[PDB]
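Note: structure shows tivantinib engaged with Tubulin beta.
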Amino acid sequence: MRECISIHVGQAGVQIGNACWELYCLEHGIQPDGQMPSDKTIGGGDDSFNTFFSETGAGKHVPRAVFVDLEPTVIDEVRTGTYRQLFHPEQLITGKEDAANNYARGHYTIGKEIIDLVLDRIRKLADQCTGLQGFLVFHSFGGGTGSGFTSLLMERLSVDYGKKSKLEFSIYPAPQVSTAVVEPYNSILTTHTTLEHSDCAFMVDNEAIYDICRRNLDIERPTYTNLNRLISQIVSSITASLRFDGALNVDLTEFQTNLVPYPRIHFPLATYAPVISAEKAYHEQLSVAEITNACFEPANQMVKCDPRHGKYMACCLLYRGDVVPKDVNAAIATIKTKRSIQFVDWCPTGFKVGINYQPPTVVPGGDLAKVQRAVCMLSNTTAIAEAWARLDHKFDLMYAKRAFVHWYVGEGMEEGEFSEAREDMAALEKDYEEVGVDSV
Amino acid sequence: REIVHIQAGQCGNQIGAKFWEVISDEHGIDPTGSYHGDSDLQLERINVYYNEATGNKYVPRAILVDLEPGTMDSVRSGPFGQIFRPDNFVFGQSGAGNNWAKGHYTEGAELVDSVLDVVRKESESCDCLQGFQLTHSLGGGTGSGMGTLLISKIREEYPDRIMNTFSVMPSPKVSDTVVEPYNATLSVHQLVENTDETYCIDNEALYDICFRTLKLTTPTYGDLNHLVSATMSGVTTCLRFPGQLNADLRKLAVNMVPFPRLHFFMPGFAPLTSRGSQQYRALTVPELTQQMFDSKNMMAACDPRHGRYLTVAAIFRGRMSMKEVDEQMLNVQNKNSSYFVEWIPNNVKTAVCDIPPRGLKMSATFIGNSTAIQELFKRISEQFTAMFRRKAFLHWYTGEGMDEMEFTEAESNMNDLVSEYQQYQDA
Ligand SMILES: Nc1nc2c(ncn2[C@@H]2O[C@H](COP(=O)(O)OP(=O)(O)OP(=O)(O)O)[C@@H](O)[C@H]2O)c(=O)[nH]1
Ligand SMILES: Nc1nc2c(ncn2[C@@H]2O[C@H](COP(=O)(O)OP(=O)(O)O)[C@@H](O)[C@H]2O)c(=O)[nH]1
Ligand SMILES: O=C1NC(=O)[C@@H](c2cn3c4c(cccc24)CCC3)[C@@H]1c1c[nH]c2ccccc12
Ligand SMILES: O=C1NC(=O)[C@@H](c2cn3c4c(cccc24)CCC3)[C@@H]1c1c[nH]c2ccccc12
Ligand SMILES: [Ca+2]
Ligand SMILES: [Mg+2]
Ligand SMILES: [Mg+2]
């Protein structure tokens, strides 16, 4: 058991979902029609991949997932795409009108018309679970749906499923692939509303991913497809412990124990390596020490910030592929005596390590080179608050003039909600400052 | 006098399964549960740990407990997995997530009654139950939380029976989560009140032995458990085999524990060996005696020279001159009489068993009630305080209904225990 239900909200959530589930299928040897020849228990099973896939009597392995968007055209591509057989039609939910880059429309005007339906379809998945562990929610901060509808859904899920764990994969906005000028507004509103309802949230800075695609894969102008294939690899690394077994396999919930010292401090910084092109990876083996050292290069982070100017409250290393503890310990010992790694005084300094022997996988015609070993570092750093600071500043510039606020007020929102949301962010920035101060 | 064995949690079941694997071989019992030995010495007191069935089948009087089926499924598919009574497998599905509160108050409370039914069924079969022995860790959630819950409820239903524990202490050198000092401190609070005898098995010591002495570059839990199973076989020898005194759990407690709360023992073992690597040269008695008393051979990371021995029990195994053992043991006491309290006359006892453990022609196991054990609890207390002063990671516990006051109380009692051990170090 220990099933996990994924929820993909809005364009970003859906399109990232496409990349993730395609990648999952290739890692588990699942065909586009859902058949899995290596799986001998037909119609069911308690294997590790069953945490993410249910099984029909016809031998089809179906994602424990719901795709939701208030506009049909993005999910319509899933309905007619390569993996259309993978999903039951009821898992793919669409409206007729998007939220138009407006949190208010996603949370209230348009979202309220479909929220009951979404919950019913989620319930149908949950009732198929013998031991539901929690939910994984994929969405953007900037979109009207990814922002507005997600926060509504998260609130409703806390009511219907109590304290059942809810994890986030949140797309942090970037100017290079921006879709609206009010994305800072939507970002602050969602973070505020969702904060009490999320147990752990993995932010993905689009500018960080944009930079990595340009720098490491030599993609002159990355597309959403370029970004998503990289993101899915990070997502895969994090969910790998849930989808595979192994002696040195450490469950994500154990890392989570170390990563969240206080309920509001639940935003880990992800760093992934190696991101390298086929041209460069040829006749070039990146060792355990090399990819581990790459985790402390800020250029490889999922979020733009400087941990070297912050303090650590946890450090987790999630390896996959040809990796043994001996080489990990040696690599860590080297790194500790050469890097700017400083912990807060109220937390132990030991790195938590997990290893999944299942080697990394790449999607056909992709840009990422296929390597024998990869690593995803999850660290709790005060430096991630820099991401909040940049967003909150852009929020302040516009809100001081109440620019674009009328689009929200017109949908029933009040200025009090804006100020309430901003104050919560101010307290959150203060929280990250406080946890970094030395004990008395 | 029957003993009921219990093993709780991942650690508890893994060292527990290893314990049964080792002594079964010593008593000539195979995985099938059939005896195939050559000495009558093996079966004379085999009733202490084994039930007998028709056709002369020997079944361990053991109860396997956990809140997740993962580790117990590995046991049942392990070498001696089939020997255990299948009805004694009592497990949940939710797990404890390395959370003492979950094991003690919520998840474990839901399963604890099912366990006690199996304890009761085993006890009613006993001609004269002497007590219980528990294997568990203190750093996790199930073995620590639910384990101490079981102990409390077992005491309620069997208040005149002895409770013994093999408690694995957490260490940053071999750590799973950061909340281990919380779980450990909460557990020690329970063990002080509700056990008569606790063998302190320190993972810090086990790691150091494997790394420094055994020259194992990167020791695994399996490497750590080779030292545990060797120690456990040793300390239970006088319970399992015919000896000069025919020791039981109560007589051990009376002789080892001068004050009720000071019942936390430092185990020691010699020679220290690693898995697979066979030694060809048997140690002389003077070597066994010198090594077993050395800090490097202590299973608890405490310097015995930083304190004084209240009581000491020792067991030499193998064919040797018991006269030579007597001389050497008397020599240690006469050479270092300052590390033995003078207000407990003749506080060192030694026994000898003919049967040696597998792979060794002779060995020596050490059980010491030293005031130096305070170093262990002080270490846990410091790690506890470093987090608790900022209330770090406390939401995992308050989320299960616990209050901050319960942490403060647990902290105070362990610090009291420390000062109590310090009191007799300067007597
Ligand atoms: N990494 C990544 N980001 C995306 C992708 N699609 C959209 N985004 C980001 O999402 C933000 C806008 O939110 P969307 O998801 O596109 O909009 P929505 O959730 O459908 O809500 P609506 O406004 O109602 O359409 C922008 O900042 C985009 O950069 C994607 O496929 N990959
Ligand atoms: N010696 C030893 N210690 C272990 C083992 N497994 C876990 N531990 C220790 O026990 C603590 C974790 O507790 P665990 O038994 O895994 O939690 P539980 O299953 O919920 O009771 C940590 O401090 C570990 O060092 C093992 O196989 N051997
Ligand atoms: O496709 C689009 N939809 C939008 O809302 C437009 C937009 C305007 N601003 C945007 C901002 C952010 C993101 C999208 C847009 C910043 C301020 C003005 C954008 C667009 C770019 N060039 C165009 C030419 C003709 C018609 C539409 C467009
Ligand atoms: O057989 C035994 N029964 C006891 O009560 C033990 C004992 C401890 N002290 C005694 C004293 C006096 C007499 C007997 C004993 C002095 C202080 C401590 C003694 C023993 C010696 N080595 C062992 C190894 C494992 C288990 C038991 C023993
Ligand atoms: Ca199956
Ligand atoms: Mg959209
Ligand atoms: Mg464990």
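Each chain gets a letter, A, B and so on, in the order the sequences are listed, and its residues count up from 1. All ligand and atom numbering here is 1-based and tracks the order in the structure. Part of the entry, not all of it, is on display, and contacts are counted within that displayed part. Going by what the header records, the deposited coordinates were determined by X-ray crystallography, 2.2 Å.
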Tivantinib: ligands or chains: ligands 3 and 4
Which chain letters belong to other chains having any non-hydrogen atom below 4.0 Å from tivantinib (ligand 4)? B
Contacting atoms of tivantinib (ligand 4), where contact means under 4.0 angstrom from a heavy atom of B/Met256: 8 (C), 18 (C)
Pull out every atom of tivantinib (ligand 4) sitting under 4.0 Å from any heavy atom of B/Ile367, numbered as shown with elements. 25 (C)
What source organism is recorded in the PDB entry for chain B? Sus barbatus
Check whether any heavy atom of B/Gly243 sits under 4.0 Å from an atom of tivantinib (ligand 4). no
Quick check: does B/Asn255 get an N/O under 3.5 Å from an N/O on tivantinib (ligand 4)? yes
Taking only heavy atoms of B/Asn346, which atoms of tivantinib (ligand 4) are found under 4.0 Å from at least one of them? 16 (C)
Counting from 1, what tivantinib (ligand 4) atoms have a heavy atom of B/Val235 closer than 4.0 Å? 25 (C), 26 (C)
To which protein heavy atom is atom 12 (C) of tivantinib (ligand 4) closest, and what is the distance rounded to 0.1 Å? B/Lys349 CB, 4.1 Å
What are the atoms of tivantinib (ligand 4), with element, lying closer than 4.0 Å to any heavy atom of B/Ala247? 1 (O), 2 (C), 3 (N)
Looking at atom 2 (C) of tivantinib (ligand 4), what's its closest protein heavy atom, distance included? B/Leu245 CD1, 3.5 Å
Could you tell me whether B/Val312 approaches tivantinib (ligand 4) through its side chain, its backbone, both or neither, with non-hydrogen atoms closer than 4.0 Å? backbone
Atom indices of tivantinib (ligand 4), in the order listed, that fall short of 4.0 Å to a heavy atom of B/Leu252: 5 (O), 27 (C)
In the protein, what heavy atom is nearest to atom 24 (C) of tivantinib (ligand 4), and what distance, to one decimal place, separates them? B/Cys238 SG, 3.7 Å
Shortest protein heavy-atom distance from atom 22 (N) of tivantinib (ligand 4), along with the residue and atom involved: B/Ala314 O, 2.8 Å
Looking at the neighbours of tivantinib (ligand 4), which other ligands or ions sit under 4.0 Å away? none
Which residue supplies the protein heavy atom nearest to atom 20 (C) of tivantinib (ligand 4), what is that atom called, and how far is it? B/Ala313 CB, 4.1 Å
Close-contact set for tivantinib (ligand 4) against B/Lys251 heavy atoms, below 4.0 Å: 5 (O)
Please list the residues near tivantinib (ligand 4), using 4.0 Å as the heavy-atom limit. B/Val235, B/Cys238, B/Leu245, B/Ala247, B/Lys251, B/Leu252, B/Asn255, B/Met256, B/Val312, B/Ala313, B/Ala314, B/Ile315, B/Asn346, B/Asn347, B/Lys349, B/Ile367
